[PDB]
Protein chains: 4
Amino acid sequence: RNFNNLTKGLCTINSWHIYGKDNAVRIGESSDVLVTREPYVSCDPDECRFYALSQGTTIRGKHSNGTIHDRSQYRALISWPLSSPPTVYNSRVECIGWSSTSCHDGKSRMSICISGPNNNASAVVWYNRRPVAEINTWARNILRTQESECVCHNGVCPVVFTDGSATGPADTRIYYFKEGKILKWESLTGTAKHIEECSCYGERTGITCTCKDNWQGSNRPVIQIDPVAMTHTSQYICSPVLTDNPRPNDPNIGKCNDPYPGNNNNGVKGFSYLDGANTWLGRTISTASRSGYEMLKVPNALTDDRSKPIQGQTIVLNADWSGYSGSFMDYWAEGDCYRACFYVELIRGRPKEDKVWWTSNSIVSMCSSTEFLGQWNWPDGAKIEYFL
Amino acid sequence: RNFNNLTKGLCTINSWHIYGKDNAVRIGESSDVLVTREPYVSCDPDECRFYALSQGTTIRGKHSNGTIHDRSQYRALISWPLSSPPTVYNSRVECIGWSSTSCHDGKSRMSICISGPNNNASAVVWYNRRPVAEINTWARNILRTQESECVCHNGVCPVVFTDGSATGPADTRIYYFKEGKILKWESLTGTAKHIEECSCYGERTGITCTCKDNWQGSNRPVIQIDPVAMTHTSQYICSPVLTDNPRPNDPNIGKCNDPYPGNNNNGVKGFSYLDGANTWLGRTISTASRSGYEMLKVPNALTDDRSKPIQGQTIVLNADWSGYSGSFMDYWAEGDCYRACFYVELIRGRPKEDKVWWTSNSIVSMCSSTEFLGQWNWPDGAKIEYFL
Amino acid sequence: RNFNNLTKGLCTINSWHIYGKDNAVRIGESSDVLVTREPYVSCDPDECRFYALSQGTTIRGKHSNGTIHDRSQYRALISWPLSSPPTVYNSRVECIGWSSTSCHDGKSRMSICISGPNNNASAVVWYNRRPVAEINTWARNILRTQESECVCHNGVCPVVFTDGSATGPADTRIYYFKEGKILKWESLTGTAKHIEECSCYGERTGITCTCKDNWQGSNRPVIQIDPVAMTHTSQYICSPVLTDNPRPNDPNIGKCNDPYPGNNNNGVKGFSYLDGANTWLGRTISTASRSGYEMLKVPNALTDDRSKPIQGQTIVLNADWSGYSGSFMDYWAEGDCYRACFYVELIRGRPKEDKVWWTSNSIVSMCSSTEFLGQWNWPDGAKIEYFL
Amino acid sequence: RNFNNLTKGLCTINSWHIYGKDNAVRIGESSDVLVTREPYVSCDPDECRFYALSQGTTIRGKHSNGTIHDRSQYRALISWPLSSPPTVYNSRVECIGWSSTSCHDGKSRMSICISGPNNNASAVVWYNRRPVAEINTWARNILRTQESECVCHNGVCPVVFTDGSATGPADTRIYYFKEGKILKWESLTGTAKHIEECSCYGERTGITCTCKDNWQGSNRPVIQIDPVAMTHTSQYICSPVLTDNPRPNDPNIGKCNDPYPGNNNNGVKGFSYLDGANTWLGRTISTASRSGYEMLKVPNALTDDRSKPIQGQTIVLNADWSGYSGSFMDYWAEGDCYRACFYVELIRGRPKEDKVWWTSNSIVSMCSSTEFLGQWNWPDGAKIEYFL
Ligand SMILES: *[C@@H]1O[C@H](CO)[C@@H](O[C@@H]2O[C@H](CO)[C@@H](O[C@@H]3O[C@H](CO[C@H]4O[C@H](CO[C@H]5O[C@H](CO)[C@@H](O)[C@H](O)[C@@H]5O)[C@@H](O)[C@H](O[C@H]5O[C@H](CO)[C@@H](O)[C@H](O)[C@@H]5O)[C@@H]4O)[C@@H](O)[C@H](O[C@H]4O[C@H](CO)[C@@H](O)[C@H](O)[C@@H]4O[C@H]4O[C@H](CO)[C@@H](O)[C@H](O)[C@@H]4O[C@H]4O[C@H](CO)[C@@H](O)[C@H](O)[C@@H]4O)[C@@H]3O)[C@H](O)[C@H]2NC(C)=O)[C@H](O)[C@H]1NC(C)=O
Ligand SMILES: *[C@@H]1O[C@H](CO)[C@@H](O[C@@H]2O[C@H](CO)[C@@H](O[C@@H]3O[C@H](CO[C@H]4O[C@H](CO[C@H]5O[C@H](CO)[C@@H](O)[C@H](O)[C@@H]5O)[C@@H](O)[C@H](O[C@H]5O[C@H](CO)[C@@H](O)[C@H](O)[C@@H]5O)[C@@H]4O)[C@@H](O)[C@H](O[C@H]4O[C@H](CO)[C@@H](O)[C@H](O)[C@@H]4O[C@H]4O[C@H](CO)[C@@H](O)[C@H](O)[C@@H]4O[C@H]4O[C@H](CO)[C@@H](O)[C@H](O)[C@@H]4O)[C@@H]3O)[C@H](O)[C@H]2NC(C)=O)[C@H](O)[C@H]1NC(C)=O
Ligand SMILES: *[C@@H]1O[C@H](CO)[C@@H](O[C@@H]2O[C@H](CO)[C@@H](O[C@@H]3O[C@H](CO[C@H]4O[C@H](CO[C@H]5O[C@H](CO)[C@@H](O)[C@H](O)[C@@H]5O)[C@@H](O)[C@H](O[C@H]5O[C@H](CO)[C@@H](O)[C@H](O)[C@@H]5O)[C@@H]4O)[C@@H](O)[C@H](O[C@H]4O[C@H](CO)[C@@H](O)[C@H](O)[C@@H]4O[C@H]4O[C@H](CO)[C@@H](O)[C@H](O)[C@@H]4O[C@H]4O[C@H](CO)[C@@H](O)[C@H](O)[C@@H]4O)[C@@H]3O)[C@H](O)[C@H]2NC(C)=O)[C@H](O)[C@H]1NC(C)=O
Ligand SMILES: *[C@@H]1O[C@H](CO)[C@@H](O[C@@H]2O[C@H](CO)[C@@H](O[C@@H]3O[C@H](CO[C@H]4O[C@H](CO[C@H]5O[C@H](CO)[C@@H](O)[C@H](O)[C@@H]5O)[C@@H](O)[C@H](O[C@H]5O[C@H](CO)[C@@H](O)[C@H](O)[C@@H]5O)[C@@H]4O)[C@@H](O)[C@H](O[C@H]4O[C@H](CO)[C@@H](O)[C@H](O)[C@@H]4O[C@H]4O[C@H](CO)[C@@H](O)[C@H](O)[C@@H]4O[C@H]4O[C@H](CO)[C@@H](O)[C@H](O)[C@@H]4O)[C@@H]3O)[C@H](O)[C@H]2NC(C)=O)[C@H](O)[C@H]1NC(C)=O
Ligand SMILES: CC(=O)N[C@H]1[C@H]([C@H](O)[C@H](O)CO)OC(C(=O)O)=C[C@@H]1NC(=N)N
Ligand SMILES: CC(=O)N[C@H]1[C@H]([C@H](O)[C@H](O)CO)OC(C(=O)O)=C[C@@H]1NC(=N)N
Ligand SMILES: CC(=O)N[C@H]1[C@H]([C@H](O)[C@H](O)CO)OC(C(=O)O)=C[C@@H]1NC(=N)N
Ligand SMILES: [Ca+2]
Ligand SMILES: [Ca+2]
Ligand SMILES: [Ca+2]
Ligand SMILES: [Ca+2]
């Protein structure tokens, strides 16, 4: 086997087709399905799999009570076959913790899990299913990472971490791993003022990450990483099509180098594909809550502070709950281009649906098509009343 | 690995032997068995598997309520080991949607799933477990396909699709795929007046598909495909032994080039093996409903408008519910001929058994023998009262 | 891979050690464990597995009601990993039917299942997981076979079948298969007067089968098969240590060429290892019912009509229910001799325990040791009251 | 494949990072999780797995009643994927019995299980999943072994056994196996006065086992084995940091060649890594009961009868139940040193929590880091009240 190199550009995105859906909450009403949150998708050279942070209990289990909680000792990164639900009997534990990332370099997979109390957390870096390196908290305030896949080029896999405040300046670092070992790390540079939960993808231009500014911004910060030089830049998506949640209404001028104001101390993990005229942004439909999901074609969104949509696709109706979203691609597929993909976490239960005492989710996932395909909408599909 | 070529003729069919049976509804009374419908069987070079459209819930799950419904966002094509039931923990998701086909070309498997609303559905073509090509609705009226396996020759795998009315003229296309890519498509030609849910098999003569005319015909339309020239013809089975359901009683003269009249706007997926004196037709025993199943040896049924049975075998008693049926063969078996096989979907629940709120099925499957074997009958075997 | 040849003798049997136990009924009180009966064990070159006839329902399932029944359409030969229980999710279906045998020839496995009504049953012979040959009933009276593993030599795998009365002269045939194809069959010859449910093993001397005379005999008939010449002989175990059940008390003179009288029209499947001074016989402890199990070292039991035990080992206490027993060996193990093994079916439920409405079993299995090991006893271990 | 050789030293231990955790009791509240106890971890060259003695019932099953019991016929050594729980459907049975050890030699795995009544127990030695050798009880008083992994060097795998009194002098033997065959055994020599449940690890210096003195000692006996010469020595950990449970308070002078007095006829399985200045000892926090767990860096603990801690790490709070602990390492990992690892059994249920009628456990496991990582604590996490 050889390390994968990012040699292709993105395929032209003319619409999005259904890729995967697990219906986990529906099935888990009467099956041993693990409670999860913070899911994602990631491919090996021979298989693509769903990933998430388990809560170490099934949904029907009495221990599902209290699973709105983010960081217990009972959480772990698990993976399971594409579009199956995460069950006790089919889920493979990648590592133990409450914040994660994972990616295949073409030879083996690296998985990283962070665990610990708020003031003493640590990352353990796994490679080829063995622990290889460890990183202690540097700011003693909830060391945390992407919650979606990382990306590798010639064996080098950059990962974005943040340690420090969620409501003020924090200490973000970009680490560069190879075979699980730390080659290098660097402090965040550029104009992004706060970074969490980066969603990344790679193509010949390098690695592009769309993150969340939890502190002041409702536009999304972007980190662009050169995995050969092992350097990066940062800014915000310039477009006035704002993509965090909650967020203000879309203005006519966005902000390239500072947070667009209106909403503070909150946000949701999200993503974009930034590719000139082939640029597509994901966002919740609601400006107030994690409901609905849509894709919008916004030419040169990264650099054009006046850019507006010229095409779109609804993925989840505003009437239905969404959640985290992130990017991944099958780097090992046939063809001359990388097909952009994404997932949307469909959160069920607390805090929005409090008649149950649990919080979980299911997954829907799409990839791009060069056809202009008809659109459907893709709800979680479970009926909360059944769980009462 | 090499692409499979259709180099053999059918084995002589002198009776049918039991091949597989999953007892899914019996087992699912107390196990995490997924609700399904529209099942089939399909072989890889090293394994044969059961396939069906899941409803994204188990039978005992409260979400089984309402599963008479055909086209939700919670459906997916799944496969699972031969004669096991389709469980949450053993079912592999092939693609997402509510109409499907799948076949192995000798190197890898192609699976196709259609999803979307009635006026905006699309097919996604998967090859070697990756999405490769997409096809948008062309008539904006429930794009739909075979619901049983396709067949390949030297890498070319033809598939029959229909888009348009179920009760009048529609737009049927035959697509020719290789490695998931579209080589060619053509509009239906010939004398078949309406085409749905083709059941196909291949042999040195080419690929033969027996379909359903939902509009006016109670004889079955046939499409004969040359996978090298990538062309086809169509007509009806000439025999007065009528094989759709519901249907009129058998006359003494059938119809080769037009629907045999009596029953409109309904039908059931079915199959036949058309092979001169070695011809066998499948049909429900009842002329009114999906109950019973029998095989009848009807020499030259395809071409002889006076042909009658000279031998038969009961598969399911008229007292027991049947459903969809279709053809498949193990193209990778040893020997000098292809052994004809088929499955019968045994539907339980709604609309016929409405004391439960779900609709599901189990599978029974037979293959041909050159012996004249004794016959049994093969009911689903579940007791509805247990589910109350 | 090469066909296995029977080149070794039996290891010296000085005691029996625990080999496997699945505790199926205990576990099935609260797990999706299939109802079974007629179990056995059989090895591949890389794995040994448990086998049994499923009843197509779990024990806790309402369809377990009535499973005392022997021959429904819902039965199948299944296999599952050594010492695990037969669950819905881990059981592999080998073929469909209500009487079976199976064996690996060193290259692939042959499995045979019989299905059908009493007057029209048929065997389907599977090889490398595909149906290859079929055999119709020849006496129209419950065609039936070994219910434990067959044995192969240089690709030839003999199997004993019986068709006809259980209470009078019947038509027994020995079939010789290779790669699933019928090389030859012959009618039973020799002095055995009735043959059912042969338990076989192989060693350089040939293949030895210990069967059951259901009609008149409480001594066991023996069939000795030469798999090269494809011929056989038959007689009874000469020893007055009688090993059927029910049976009379042990006399001082046995019978070599006729049934030992006292009990008619009943019996249980059993086994022996007939090897001169290294001869060991299995039997129930009770003479009246299927309870208890013991091994007895009876020198030259096959040929000596005065032979008595000189050593023994209790396997299951008389206070505990037993059932069918049979022979198997790991033909692919290291060493200079074949280690004799056996299983005992531990039947729970009806008819002996009628407070439940089901009949099932678990498995215990032992192999021989050249040590003189201490003995334990091995009950099923389930408490019937828990199922009420 | 080649036999593994112990060619590396221990990595420098500066802290411990989370390695695995299965949350078995939490998950088993509503899933088919087997009741276990006496767990451990052991690696193959391509995978690391959890191991334990099943009780042949699930936790929610009614047969969980009475599982405080140590030695029934329903116990077996099982293994399952790292950090998954031991379920009916994912657990692989290694052998049958109520005391075990297991280890991979680089080519295949040896597993040993002891079964039988107290006065007639026997060990069966399995190699590459086949029984190879058997050992009868030599003292007729509960033949018993390590309850954690053994260690191999160039194909030779030493194992420590004890037969005889738990409250007085007993007969301990060290066996040396290769490919499951007995090369040699020897009686215990040295100054250890009672030996049970050795926890072993290997490094270039040889194989080091830390055991339990059940009779008089609250310091732990140590056996040091040369797997080439096949000889051993024994003594106690000299340190006054006492590590058995229950135990007296730590004095200022320990004992090298005799039991440190204060607590008789009890103890718990435990471990240490004895490596000069890189020495770390594990122990329960409580001196009275199996609660809490901590690691303490105690330079030259083995040889220095005045040695005290200079660093530590809490693993389980004193408020939480612990249990058995033992050593293992991934001998097949990359790098220039072997990374020390350990597991802690977290016992739930009886005798400490008697509102339930069962006894089971979950597992937490850590490995060493050369970083000085922040510490968390790792409770079982189940709420007993949920099981009522
Ligand atoms: C079968 O399936 C197919 C395929 O899915 C379906 O076809 C799809 O239909 C959907 C729904 O209509 C389309 O999505 C929308 O796309 C429009 C963009 O396209 C329009 O505008 C284009 C740009 O026009 C401008 O520039 C051009 C030059 O570049 C200039 O020519 C023009 O004059 C103008 O200046 C047009 O080019 C385009 O026309 C083309 O396409 C037409 C088909 O759509 C075709 O008929 C034409 O002939 C031509 O070919 C077209 O006019 C997006 O604007 C829109 O997204 C907005 O609206 C949705 C609600 O629907 C909202 O959720 C979005 O967030 C967004 O609106 C918010 O943001 C805006 C930007 O800031 C803001 O201005 C809005 O006020 C609004 O803001 C408010 O809400 C948000 C969200 O809550 C909040 O954050 C804000 O604060 C604020 O409160 C949709 O994405 C697909 O493109 C279309 N696909 C295709 C291939 O056709 C088909 O319908 C299905 N068939 C059936 C029968 O069902
Ligand atoms: C152990 O197992 C074995 C193996 O399974 C069992 O043996 C099997 O037994 C079954 C049941 O009897 C047989 O199935 C039937 O086969 C007949 C066809 O065979 C008969 O007819 C042949 C043709 O005769 C004609 O042509 C020849 C020349 O070609 C000429 O010589 C003759 O005079 C006549 O002109 C005969 O050749 C054949 O004889 C041969 O075989 C005999 C054994 O069967 C043997 O004894 C002879 O010596 C000779 O060797 C034989 O006479 C099918 O016709 C029949 O199917 C019809 O009937 C069933 C109900 O039973 C029905 O469900 C079918 O749909 C069908 O009838 C409907 O359709 C007809 C065609 O349109 C129509 O005419 C009918 O009126 C009827 O239509 C009505 O119902 C349908 C359905 O609801 C509806 O749609 C219509 O609208 C309308 O309402 C069976 O398939 C097996 O062939 C046979 N197998 C073997 C190898 O023997 C054995 O019984 C078991 N043993 C025990 C103890 O149980
Ligand atoms: C730890 O574990 C170890 C290992 O398991 C335990 O040791 C084992 O202990 C068991 C139980 O005692 C033994 O099983 C029994 O073996 C005897 C056979 O051995 C005895 O007889 C031998 C033959 O003697 C005759 O011939 C020799 C010459 O060949 C001659 O010298 C002698 O005078 C006589 O003529 C002796 O050689 C042998 O002695 C040797 O071994 C001794 C140890 O056992 C040792 O101490 C001596 O020094 C010497 O080395 C010994 O005396 C079997 O006969 C017996 O089986 C019968 O009894 C059981 C009930 O216990 C019954 O279930 C069996 O079916 C059978 O009896 C039925 O069938 C008979 C034959 O027809 C019939 O005659 C009986 O009347 C009876 O029939 C009735 O019941 C049946 C069944 O329901 C029914 O069908 C009939 O119709 C009728 O109603 C046992 O198998 C093991 O051999 C022994 N193993 C070893 C290695 O030692 C140890 O006990 C454990 N330790 C502890 C502390 O628990
Ligand atoms: C984020 O995470 C990090 C990493 O985990 C956290 O940092 C960790 O903090 C923990 C908790 O404090 C530390 O564990 C303790 O370690 C001490 C040992 O270190 C101390 O002592 C060292 C030795 O000093 C002696 O020798 C040196 C020369 O060698 C000499 O200089 C000195 O004067 C003295 O003579 C010191 O070197 C060391 O200082 C160094 O480290 C400091 C940081 O810790 C640093 O600040 C200094 O600058 C310097 O660098 C330090 O002083 C262990 O002694 C202790 O274990 C005892 O106490 C715990 C309870 O806390 C108890 O459970 C243990 O069993 C043990 O005490 C029992 O046994 C003793 C031995 O017999 C006995 O004497 C005690 O009385 C007691 O016995 C009683 O209880 C037991 C148990 O029930 C019973 O059996 C007996 O019978 C009896 O009843 C802890 O292990 C970590 O080392 C530390 N790690 C690191 C890398 O810093 C950090 O806190 C977290 N941050 C936050 C914000 O939460
Ligand atoms: C695409 C679709 O919904 N196909 C239907 C099909 C269809 O309604 C009729 O053929 C008429 O066109 O009939 C029914 C049926 O059992 O009659 C099953 C199919 N259900 C599914 N494939 N999901
Ligand atoms: C084919 C068949 O039904 N075989 C029977 C067998 C049979 O009734 C007797 O041997 C008499 O002929 O006995 C019973 C039995 O436990 O006595 C089990 C077998 N059940 C099954 N194999 N399913
Ligand atoms: C063979 C056996 O029963 N070993 C016991 C062990 C033993 O009783 C003591 O060490 C005294 O000798 O203690 C207990 C224990 O938790 O204290 C667990 C072990 N249970 C099992 N291994 N099943
Ligand atoms: Ca924000
Ligand atoms: Ca019709
Ligand atoms: Ca008899
Ligand atoms: Ca002690």
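Order of the sequence lines fixes the chain letters, A, B, ..., with proteins taken first and strands second; residue numbering starts at 1 for each chain. Just so it is clear, the values below take in all heavy atoms, side chains as well, and ignore hydrogens, waters and symmetry mates. For ligands, and for the atoms within them, numbers begin at 1 and follow the listed sequence. This deposition comes from X-ray crystallography, 1.8 Å.
Found at ligand 6 is the drug zanamivir. Going by the PDB entry, the chain with the most contacts to zanamivir (ligand 6) here is Neuraminidase.
Other chains, heavy atom under 4.0 Å from zanamivir (ligand 6): C. Residues contacting zanamivir (ligand 6) within 4.0 Å (heavy-atom distance) are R37(C), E38(C), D70(C), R71(C), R75(C), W98(C), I142(C), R144(C), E147(C), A166(C), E196(C), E197(C), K212(C), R290(C), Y324(C). Every atom of zanamivir (ligand 6) is numbered from 1 in the order shown, and the set under 4.0 Å from a heavy atom of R75(C) is 23 (N). Of all atoms in zanamivir (ligand 6), numbered sequentially from 1 with element shown, those under 4.0 Å from a heavy atom of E147(C) are 22 (N). Near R37(C), with a cut-off below 4.0 Å to any heavy atom, the atoms of zanamivir (ligand 6) are 15 (C), 16 (O). For atom 13 (O) of zanamivir (ligand 6), the nearest non-hydrogen atom of the protein is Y324(C) OH, 3.3 Å.
Zanamivir (ligand 6) has an N or O atom lying under 3.5 Å from an N or O atom of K212(C), backbone or side chain.
Every atom of zanamivir (ligand 6) with a heavy atom of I142(C) under 4.0 Å away is listed here by number and element: 1 (C).
Taking atom 20 (N) of zanamivir (ligand 6) as the reference point, the nearest protein heavy-atom neighbour is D70(C) OD1, 2.9 Å.
Of the protein's non-hydrogen atoms, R71(C) NH1, 2.9 Å is the one closest to atom 3 (O) of zanamivir (ligand 6). For zanamivir (ligand 6), the atoms lying closer than 4.0 Å to a non-hydrogen atom of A166(C) are 11 (C), 12 (O). Counting only heavy atoms of the protein, atom 21 (C) of zanamivir (ligand 6) lies nearest to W98(C) O, 3.3 Å. Of all protein heavy atoms, the one closest to atom 17 (O) of zanamivir (ligand 6) is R290(C) NH2, 2.8 Å.
Per-residue contacts place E196(C) under 4.0 angstrom from the following atoms of zanamivir (ligand 6) (heavy atoms of the residue considered): 9 (C), 10 (O), 11 (C), 12 (O). Nearest protein heavy-atom neighbour of atom 4 (N) of zanamivir (ligand 6): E197(C) OE2, 4.3 Å.
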